[PDB]
Every structure is written in structure tokens, then in C-alpha cells.
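Here we have a structure that includes FTC-TP.
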Amino acid sequence: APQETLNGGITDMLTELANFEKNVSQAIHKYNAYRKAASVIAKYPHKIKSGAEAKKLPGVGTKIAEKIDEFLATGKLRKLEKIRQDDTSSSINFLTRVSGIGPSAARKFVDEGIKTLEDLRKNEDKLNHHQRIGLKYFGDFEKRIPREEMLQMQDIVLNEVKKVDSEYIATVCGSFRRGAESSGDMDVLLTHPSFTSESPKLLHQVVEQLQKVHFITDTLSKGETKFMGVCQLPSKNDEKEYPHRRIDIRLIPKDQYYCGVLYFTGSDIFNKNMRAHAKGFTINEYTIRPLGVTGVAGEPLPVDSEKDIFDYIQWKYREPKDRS
DNA sequence: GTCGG
DNA sequence: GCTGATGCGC
DNA sequence: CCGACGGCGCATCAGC
Ligand SMILES: Nc1nc(=O)n([C@@H]2CS[C@H](COP(=O)(O)OP(=O)(O)OP(=O)(O)O)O2)cc1F
Ligand SMILES: [Ca+2]
Ligand code: NA
Ligand code: NA
Ligand code: NA
Ligand code: NA
Ligand code: NA
């Protein structure tokens, strides 16, 4: 992609606006509007000279064009400069960095004068379990995970899953599967021949084994098909500890596995494109369905490889590396 | 906020 | 007790 | 003008 020195001032401005819309205004559609605009501008291979120029791009409209004109004329946006100074809004925005504190919790905290991590720390009884864990690992959860460490993590997960039952299949998806040099977390998809579209404790026994070997250290949420938690690589006799990392584990039916793998591999942006580009078809995380004459989705087609799904749409098979 | 019925 | 709604992360 | 904009699983809240 183009160098960030091209339009980084504009992209950074739009992303900061997007965050205030999500976290303070609770205006999720304006957050996505600003993100879309920032993304289309990030990809534009020219230094923008005017709001009119940017307005030609899809997702940039009248108001972002006007903001780009103020930014180019002054190096700032009055509106952003003001909200950055605002103790209430800045504090709400900041607290949403804690995993489990969304815009609603953040506002409620700030309204009670709880505005900093220090205030959260003093008020543990006002936090739910997930929020306590997000606070405990605030710094670690914002660190990226080098690929080297992801491989070590993958080694542990695959070894322990097979130890519980050698018929499991486990696949690390997300940016790792796309060969990224670092990841934000570990996404694991799990299946087992006994669990299909029509069919005990298959997710639990895996989570329990990873806990028994002290890889999984905390649990954010855990149901029959989705686990969200925290893990940590072991360190040698005295290296400093590794950071705690986020890990998800999803149990998916065997006959929907490849649609699962495709979906959770991503990127989010690739999937949107692959879905939008689907001829008389609709693809979700579970299935690929042929749309009828009226646009109604019919029955799921059988799938025994990611490629089958590319075939159905006559889409040129991209490998995970090329789904960016 | 942007798009498009 | 329970159902359904909302918040949340992704 | 005005509605769509992603949808899922789990934790927790609101209310019967
Ligand atoms: N909000 C999201 N909704 C999605 O459907 N997705 C889908 C399902 S998961 C897949 C991309 O996965 P992630 O969200 O794990 O992001 P990633 O692994 O590509 O990136 P990162 O290394 O986790 O930062 O695309 C992603 C989202 F972030
Ligand atoms: Ca991920
Ligand atoms: Na609002
Ligand atoms: Na435009
Ligand atoms: Na948060
Ligand atoms: Na109810
Ligand atoms: Na993820």
C-alpha cells in the first residue's frame, strides 16, 4: 500500500473521528462511515490536494471533503482538537480500550467519576469478570504477537488437541493463516467427526487440557461452541515472562468446516468482497447457498475444501496469503 | 456519514 | 425460577 | 427525503 506520509494525516484524522463516534456518540454507522473513508483514502496512490479530489472516492462524501479542506488549510480539525481536550469525552474514549468495557460501560464509569485505569483498579467490585481480566492485561492485550511466538503457540495447541482425541481437527485461522509476520491474537477452529449439522463436552475437554498444561490462564467467556480466553507461552528458567495473549477457540460442525475456515481466515475486507461477489450465491460462516430467482437462499451445498466454494462462484482461488 | 431507492 | 433484550468483541 | 448499514455466541441485565 502507499506510504503513510502520502495521506496519513487525513487517515489518522478520520480514524480518530471514527473512534469518537463509536465510543462517545454511540453512532456505529458513522464509525463505519469514517473507517470506510479512511480505508479508501489509505489505498489512494496520490497525495490528496483537496476535499473535491477525495470526494471522488467511494465512501467519501460532502462532510469528509469539508473536513479534508480544513485539515489541509490548517493541519488540524477544530472539532477534534476540542473533543481531545474534553475530559469527559477523552476519558470515555480511553476506557473503551479495556476489553469488556464498551461505550455503555465507559459512559457509566465516567459519569461516576471513574475515568482512569487507576480508578478502575480501586473499583474492582464495579467490574464484571471480563472487564477485570481486560484491566489485568491492559498492556499485554495491546501488544502484537510475533509470528515466531504464534508458531510456538500453534505447536502447543495442536499437540494438546491431538492428546485429548486424535480424531479432532484444529486449524489456526486469522492473520496467522494468511502468513502475517505478527498477529493480534490466536484464532483456533476445531472440529470432530462426531459433531456435524445433526448431532458431548467436545469444546470443554480441549479447553480443560490446555488449562491443565498451563497454557490457558483465564477465561473471558465459554459456552458449548465458543471459548474466549487468555493464554501464555512458558518461559525458560529465567527469561522474563512472555506477554499474556488473547485466544479464541470455536467448535464447528464437520460438514461446515471449510466455510468456517474461509470465514475466520479473513481478512474481514476479503470476505466482504468475496460475499459481495456472489452470481446467484450467498456465503456465510456456515454454508454456501444458491439464491433463487427472487433472491431467497436455498439449501447448503456440500463442501469438502475451501476451493469448492471458489468453484461454485467461479472465483479464482486465492491462497490465504492473498486474502490480505 | 454516505449511499442510493 | 424463566424468557427475551442488550452489551460486547470480532 | 429517508432507511440501510454484518451477524454471530456468550454474559448479563430487565422484567414477568
Ligand atoms: N469485526 C469482525 N467481523 C468479522 O466477521 N471478521 C471476520 C471473521 S474473523 C475474520 C478476520 O479475523 P480477525 O477479526 O481475527 O482479524 P485478523 O486475525 O485478520 O487480524 P488480527 O491479527 O487479529 O489483528 O474476518 C473480523 C472482524 F474483525
Ligand atoms: Ca485474529
Ligand atoms: Na448518540
Ligand atoms: Na464519494
Ligand atoms: Na473495550
Ligand atoms: Na422477557
Ligand atoms: Na478474531
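In what follows, chains are A, B, ... by sequence order, proteins preceding strands, each numbered from 1. Values below: every heavy atom of this structure, side chains too, minus hydrogens, waters and symmetry copies. We count ligands from 1, going down the list as the structure has it; atoms in each ligand are counted the same way.
- In this structure, the ligands or chains belonging to FTC-TP are ligand 1.
- Of the chains in this structure, the chief binding partner of FTC-TP is, as the PDB entry puts it, DNA polymerase beta.
- Chains touching FTC-TP with a heavy atom below 4.0 Å, listed by letter, come to A, C, D.
- For FTC-TP, the atoms sitting less than 4.0 Å from at least one non-hydrogen atom of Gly174(A) are 18 (O), numbered in the order shown with element in parentheses.
- In this structure, atom 21 (P) of FTC-TP lies nearest to the protein heavy atom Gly184(A) N, 3.7 Å.
- Lab note: ligands/ions < 4.0 Å from FTC-TP = ligand 2 (calcium ion), ligand 7 (sodium ion).
- Applying the 4.0 Å criterion to heavy atoms of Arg178(A) picks out, from FTC-TP, the atoms 19 (O).
- The PDB entry names DNA chain D 16- MER template.
- At a 4.0 Å heavy-atom cut-off, FTC-TP touches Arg144(A) through the side chain alone.
- In chain A, FTC-TP lies within 4.0 Å of these UniProt Mg(2+)-binding residues, judged by heavy atoms: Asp185(A), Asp187(A).
- For FTC-TP, the atoms sitting less than 4.0 Å from at least one non-hydrogen atom of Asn271(A) are 25 (O), numbered in the order shown with element in parentheses.
- Nearest protein heavy-atom contact of atom 15 (O) of FTC-TP is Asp187(A) OD2, 3.2 Å.
- Protein heavy atom closest to atom 7 (C) of FTC-TP, with residue, atom name and distance, is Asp268(A) OD1, 3.5 Å.
- Among protein heavy atoms, atom 18 (O) of FTC-TP sits closest to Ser175(A) N, 2.9 Å.
- In terms of protein heavy-atom proximity, atom 12 (O) of FTC-TP is closest to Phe264(A) O, 4.1 Å.
- Residue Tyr263(A) touches FTC-TP through backbone and side chain together, judged by heavy-atom distances below 4.0 Å.
- Within a 4.0 Å radius of atom 1 (N) of FTC-TP, the protein contributes at least one heavy atom.
- Summary of contacts: the protein heavy atom closest to atom 23 (O) of FTC-TP is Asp185(A) OD1, 3.3 Å.
- Binding site of FTC-TP at 4.0 Å (heavy atoms): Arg144(A), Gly174(A), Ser175(A), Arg178(A), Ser183(A), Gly184(A), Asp185(A), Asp187(A), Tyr263(A), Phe264(A), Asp268(A), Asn271(A), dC10(C), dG6(D).
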